[PDB]
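Entry with ribavirin triphosphate: notes follow.
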Amino acid sequence: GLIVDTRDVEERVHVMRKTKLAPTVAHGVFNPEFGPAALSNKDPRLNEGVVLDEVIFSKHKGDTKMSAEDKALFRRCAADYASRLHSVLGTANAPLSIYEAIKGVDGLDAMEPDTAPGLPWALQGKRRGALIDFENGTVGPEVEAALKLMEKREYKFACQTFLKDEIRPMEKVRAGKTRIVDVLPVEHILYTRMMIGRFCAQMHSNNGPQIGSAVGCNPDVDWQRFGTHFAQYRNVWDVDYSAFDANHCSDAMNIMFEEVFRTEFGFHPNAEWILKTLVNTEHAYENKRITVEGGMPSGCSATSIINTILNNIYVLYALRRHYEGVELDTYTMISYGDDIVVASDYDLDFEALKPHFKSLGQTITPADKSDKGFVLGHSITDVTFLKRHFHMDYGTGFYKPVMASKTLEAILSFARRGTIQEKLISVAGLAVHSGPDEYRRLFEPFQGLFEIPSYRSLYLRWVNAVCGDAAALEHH
RNA sequence: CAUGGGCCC
RNA sequence: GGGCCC
Ligand SMILES: NC(=O)c1ncn([C@@H]2O[C@H](COP(=O)(O)OP(=O)(O)OP(=O)(O)O)[C@@H](O)[C@H]2O)n1
Ligand SMILES: [Mg+2]
């Protein structure tokens with residue numbers, strides 16, 4: 001998105017952390033090319049000659065405007081994927097009850113309790129237990145006063161820039177490539193779930209290549225659904241965007257909002273409203289009130305759905321803008337916002353799309369960048385989706401998500417203070433799929449020190465998840 | 001003891 | 001309440 005150009009303000013929004021993340025006993029064994037991000041332009045490690053606050057805003061290279069015939073081409077594609085979308089999800093997209101928006105239907109996790117509240121509830125000391133009864137699902141004064149307000153469209157706000165205390169490859173750290181999180185006022189996040197909460201539920205619970213979304217899925221059982229499907233095709237590309245989130249041009253955004261969330265598909269007129277408030281934003285990083293047109297607010301409600309709908313309409317628009325007769329069945333695709341796998345028989349050309357894609361402000365590039373350009377052949381066992389490769393499992397003939405040891409090792413070098421035992425239980429079931437030998441190497445560090453799930457119990461868990469009746473087949 | 005949105009104990 | 005992927 002284009003910055004008008006940031007201002008001064010007298011109020012000053014603290015963030016600049018020091019990492020809650022810390023080395024582990026694994027840390028010294030694995031010596032990973034991975035550290036906590038920078039949470040301070042003062043932080044030593046950091047290359048010298050680096051103002052951390054520069055880069056955070058170097059993802060705003062402008063805001064591609066779109067010809068009038070591209071806006072029509074894009075409109076069609078969005079109404080088309082929208083036709084598909086509501087064909088599979090139905091048209092029951094009535095507003096959600098403040099009770100659900102807080103509580104959550106069957107497929108919409110509740111809103112989280114102890115979570116930051118956005119503005120200005122932190123310019124005025126208050127957490128989200130002070131305007132909502134999380135586990136009674138209950139508004140209070142201003143939430144309900146603003147509920148009333150956005151109902152009128154006479155509501156307006158600002159986004160609280162943050163920094164992702166997270167691990168990152170060492171180099172990205174030194175570039176000061178910290179990931180931003182733009183936190184929305186919690187009232188907003190709530191109205192949004194009312195406006196489009198039943199949509200997102202249905203999305204979550206019909207994920208699959210049919211709707212091109214993997215949001216809602218379980219990389220751990222769903223990998224089988226997905227692997228067999230994608231191995232039915234002669235060509236499978238692993239595409240990488242870049243700044244995906246921030247380069248959603250203003251026109252692309254306003255069109256999909258208009259095309260996906262109309263009232264003719266069951267929504268309430270104000271679902272376009274809450275959504276379009278997301279185009280031109282005000283990001284308050286500290287005393288800098290940075291004002292931006294374009295992009296998405298990474299972490300603005302439904303952020304992953306939106307970005308997924310958008311990726312889907314982009315591909316189809318890039319194919320539609322290069323050849324004729326391209327329908328949704330021309331290909332197949334699954335994304336999770338940024339991430340995307342695509343497949344096709346038609347021997348399609350993806351280095352011929354880069355430009356058509358650059359007409360929306362987006363820069364695709366191959367995943368295997370140590371070639372040069374998009375090639376044919378690649379099956380679904382050369383790609384990555386969500387940081388997991390597709391491998392088939394010896395013992396079962398089933399597909400399974402596998403992360404590079406170097407990643408797994410990264411995750412296992414750093415924990416928040418006294419989380420190490422819990423984290424490990426969690427990472428145990430990721431590392432299952434790396435086999436018995438590596439699972440073991442990967443955990444030597446913590447022996448006689450922490451509890452380590454047996455490789456065997458994690459396997460039979462998995463086997464029962466992927467298709468329980470094969471659990472029951474390792475029997476008769 | 002970051003936002004979203006998912007899912008895992 | 002924790003971990004991950006996005
Ligand atoms: N926590 C959040 O609010 C959140 N997390 C993931 N997302 C959606 O998923 C995308 C992940 O962006 P990345 O960190 O991969 O970077 P990028 O902007 O896509 O590209 P690159 O790393 O190539 O510069 C984002 O761009 C965003 O659309 N939002
Ligand atoms: Mg990828």
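All chains are named by letter (A, B, ...) in the order of the sequence lines, taking the proteins before the strands, and each is independently numbered beginning at 1. Just follow the structure's listing: the first ligand is 1, and inside any ligand the first atom is 1. Values reported hereafter were calculated over all heavy atoms of this structure, with side chains retained and with hydrogens, waters and symmetry mates removed. Structure method, as recorded: X-ray crystallography, 2.8 Å.
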Point out every copy of ribavirin triphosphate in the model. ligand 1
Which bound partner of ribavirin triphosphate is the main one by contact count, according to the PDB entry? RNA-dependent RNA polymerase
Would you pull out the other chains with a heavy atom less than 4.0 Å from ribavirin triphosphate? A, B, C
Which residues would you count as binding ribavirin triphosphate, with heavy atoms within 4.0 Å? A:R179, A:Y241, A:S242, A:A243, A:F244, A:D245, A:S298, A:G299, A:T303, A:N307, A:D338, B:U3, B:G4, C:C6
